[PDB]
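Beneath this line is the structure, given in structure tokens, with notes to follow.
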2 protein chains.
Amino acid sequence: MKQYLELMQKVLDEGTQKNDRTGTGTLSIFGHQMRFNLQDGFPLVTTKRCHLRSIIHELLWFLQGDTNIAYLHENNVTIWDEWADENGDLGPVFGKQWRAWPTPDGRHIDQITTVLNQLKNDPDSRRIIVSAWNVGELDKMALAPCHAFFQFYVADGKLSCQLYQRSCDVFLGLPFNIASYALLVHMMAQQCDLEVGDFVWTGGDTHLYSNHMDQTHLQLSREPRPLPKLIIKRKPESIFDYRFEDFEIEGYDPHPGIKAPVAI
Amino acid sequence: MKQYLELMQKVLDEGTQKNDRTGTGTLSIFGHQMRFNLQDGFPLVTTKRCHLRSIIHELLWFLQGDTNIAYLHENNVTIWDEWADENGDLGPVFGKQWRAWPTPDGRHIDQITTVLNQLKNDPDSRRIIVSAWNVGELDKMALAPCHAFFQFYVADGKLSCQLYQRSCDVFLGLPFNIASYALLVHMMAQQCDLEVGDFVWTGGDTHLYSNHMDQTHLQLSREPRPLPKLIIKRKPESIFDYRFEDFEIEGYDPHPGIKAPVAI
Ligand SMILES: C#CCN(Cc1ccc2[nH]c(N)nc(=O)c2c1)c1ccc(C(=O)N[C@@H](CCC(=O)O)C(=O)O)cc1
Ligand SMILES: C#CCN(Cc1ccc2[nH]c(N)nc(=O)c2c1)c1ccc(C(=O)N[C@@H](CCC(=O)O)C(=O)O)cc1
Ligand SMILES: Cc1cn([C@H]2C[C@H](O)[C@@H](COP(=O)(O)O)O2)c(=O)[nH]c1=O
Ligand SMILES: Cc1cn([C@H]2C[C@H](O)[C@@H](COP(=O)(O)O)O2)c(=O)[nH]c1=O
């Protein structure tokens, strides 16, 4: 997509060499923002084939409040295998914080239900927020949440959402993150009877790994195709009752997929 | 400042009318980012006089972990009076979350000390984060944290910082927020022996209140002056041992101050 390749090129032109946790090395910039008007089409990258099955099931998994990879395996999704322990557990990552953030006084707060209540009863609120960044449980998480914090906003009958992502693998992770949150905005808007507005992505350490350079040069030689359209076929009773089969991505005609290793 | 007046004008040109919590009404945009290179000068607005005393003492107060306004009063700072209860308390807002985030298992985490340790031992880390957004204590806070989440980044010997601000009063609050975080970056860099890099500000609901319009038009008619320079006169033993007297802002020559009411 145009915004996405512009970011790739910016990182190549302006990124500084940085060592990283994984020992791979990156080119890195700090602080970037882009905006996707969801009415223009579903922001799924077309200059390489993205695996929609993994994208959709990962989100349905977050929404169940699940942090064990068994559900993903049952559905032949293997994107989280490297970080799971021997029991398939990741610790209280995304889904657990979204659905059941534990309090000091022994309560569990379901942030997704709170948001739905705010959207339905106080849409002008400037506090419609979900955070995965639970300081008190970081030490138990397999990986600290990279997409850490997001905010909804309603104006003129449209639902917008901004994500803060502290750390972004531009080549592997970012195409998934964009499509994942665009999907959630479409689901939330359907449930609240709103139109889709903008998805605003904000990055902290936004980087290309040093062993993704050939792949990046390949992809940058490709022309983007027209964006596909997202069709939701059914309106479930709640945000927690969506199924893989409810989504149809129409007119997705990507360039070939590009293999790249993940930095563990 | 140039970036700051450009934002003001953008909100006037592109903002949509939105009702708000306070009942005042705003013009609002969603999602904005600007960058201040701290080597260019200290980003204190010059097209109106800013009260540095309130700015500096509020930060020293956050860093003590204090949430009662008595310290501010002792120093003739009245910016938090409207939201305090009868005992002068605000509940577990900024300072408490920064210094003593309470965990489920009964611990208190000092996020500022953790950050200092990360900067000193793992500067390439993509997880150098402080969050005030403690979901489990929101119901006890006088106002939910508007400057909610920030991240440090080190590259090439320079310290950068990005703030996510969920809600931004462009006229009254923003000049304070910019200068407040620029100050903390200078303090942190001094303590860690780094140079200052960029302060990146990211906003969610970024708005002008309807009863700030005359004031906004006045300020937009003014030419920005050269930025002042921040001098820190002493290197204290720790980040918690700074005093008001340690800071000197040299060459600050603002246009006159502009009175505006705060929306409660
Ligand atoms: C973001 C996110 C979720 N995640 C979780 C996740 C966990 C650790 C990470 N670590 C690093 N260094 N980068 C990542 O983006 C990353 C992502 C993903 C992890 C891997 C793939 C991946 O390897 N995708 C390949 C192959 C897909 C397949 O066919 O199975 C691809 O080509 O896209 C995608 C998403
Ligand atoms: C951000 C922040 C911290 N805060 C906390 C705070 C709390 C609630 C708020 N509520 C609203 N609606 N806008 C604000 O920006 C705001 C700010 C501030 C609050 C008030 C002033 C203020 O009235 N400043 C005046 C007068 C200063 C003086 O002389 O005492 C000014 O002209 O700047 C500044 C900062
Ligand atoms: C889970 C996840 C990881 N990542 C990448 C960012 C980093 O390169 C890496 C996480 O490593 P880090 O914790 O050291 O930042 O995984 C994404 O880009 N998006 C994601 O959703
Ligand atoms: C504390 C604080 C408030 N504000 C403003 C943003 C909003 O206009 C208002 C908070 O109200 P809200 O919780 O309804 O967003 O105060 C700032 O801009 N900066 C700050 O640091």
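The alphabet sets the chain names here, A first, running in the order the sequence lines are given. Chain A is numbered as in the PDB entry; the shown residues are, in order, 1-264. Chain B uses the PDB entry numbers throughout; the residues present, in order, are 1-264. Whatever order the structure lists ligands and atoms in, that order sets their numbers, starting from 1. When reading the values below, keep in mind they use all heavy atoms of this one structure, side chains included, and skip hydrogens, waters and symmetry mates.
Found at ligand 1 is the drug CB3717.
Bound to CB3717 (ligand 1) with the most contacts here is the chain that the PDB entry lists as Thymidylate synthase. The letters of other chains with a heavy atom under 4.0 Å from CB3717 (ligand 1) are A.
Of the residues that UniProt lists as binding dUMP in chain A, those with a heavy atom under 4.0 Å from CB3717 (ligand 1) are the following: A:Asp169, A:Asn177, A:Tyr209.
Closest to atom 20 (C) of CB3717 (ligand 1), if we only count protein heavy atoms, is A:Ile79 O, 3.9 Å. Compare A:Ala142, A:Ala260, A:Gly173 by their heavy atoms: the one nearest to atom 15 (O) of CB3717 (ligand 1) is in A:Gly173.
Closest heavy-atom approach to atom 10 (N) of CB3717 (ligand 1) within the set A:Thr24, A:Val262, A:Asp20, A:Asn76: this belongs to A:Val262.
Closest to atom 33 (O) of CB3717 (ligand 1), if we only count protein heavy atoms, is A:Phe176 CE1, 3.5 Å. When heavy-atom distances are rounded to 1 Å, the UniProt active-site residue of chain A nearest CB3717 (ligand 1) turns out to be A:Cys146, 6 Å. Residue A:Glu58 touches CB3717 (ligand 1) through its side chain alone, judged by heavy-atom distances below 4.0 Å. Considering backbone and side-chain N/O atoms, A:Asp169 comes within less than 3.5 Å of an N/O atom of CB3717 (ligand 1).
At a 3.5 angstrom cut-off on N or O pairs, A:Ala263 counts as close to CB3717 (ligand 1). Within 4.0 Å of CB3717 (ligand 1) on heavy-atom distance sit the residues A:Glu58, A:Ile79, A:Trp80, A:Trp83, A:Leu143, A:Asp169, A:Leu172, A:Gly173, A:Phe176, A:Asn177, A:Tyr209, A:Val262, A:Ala263.
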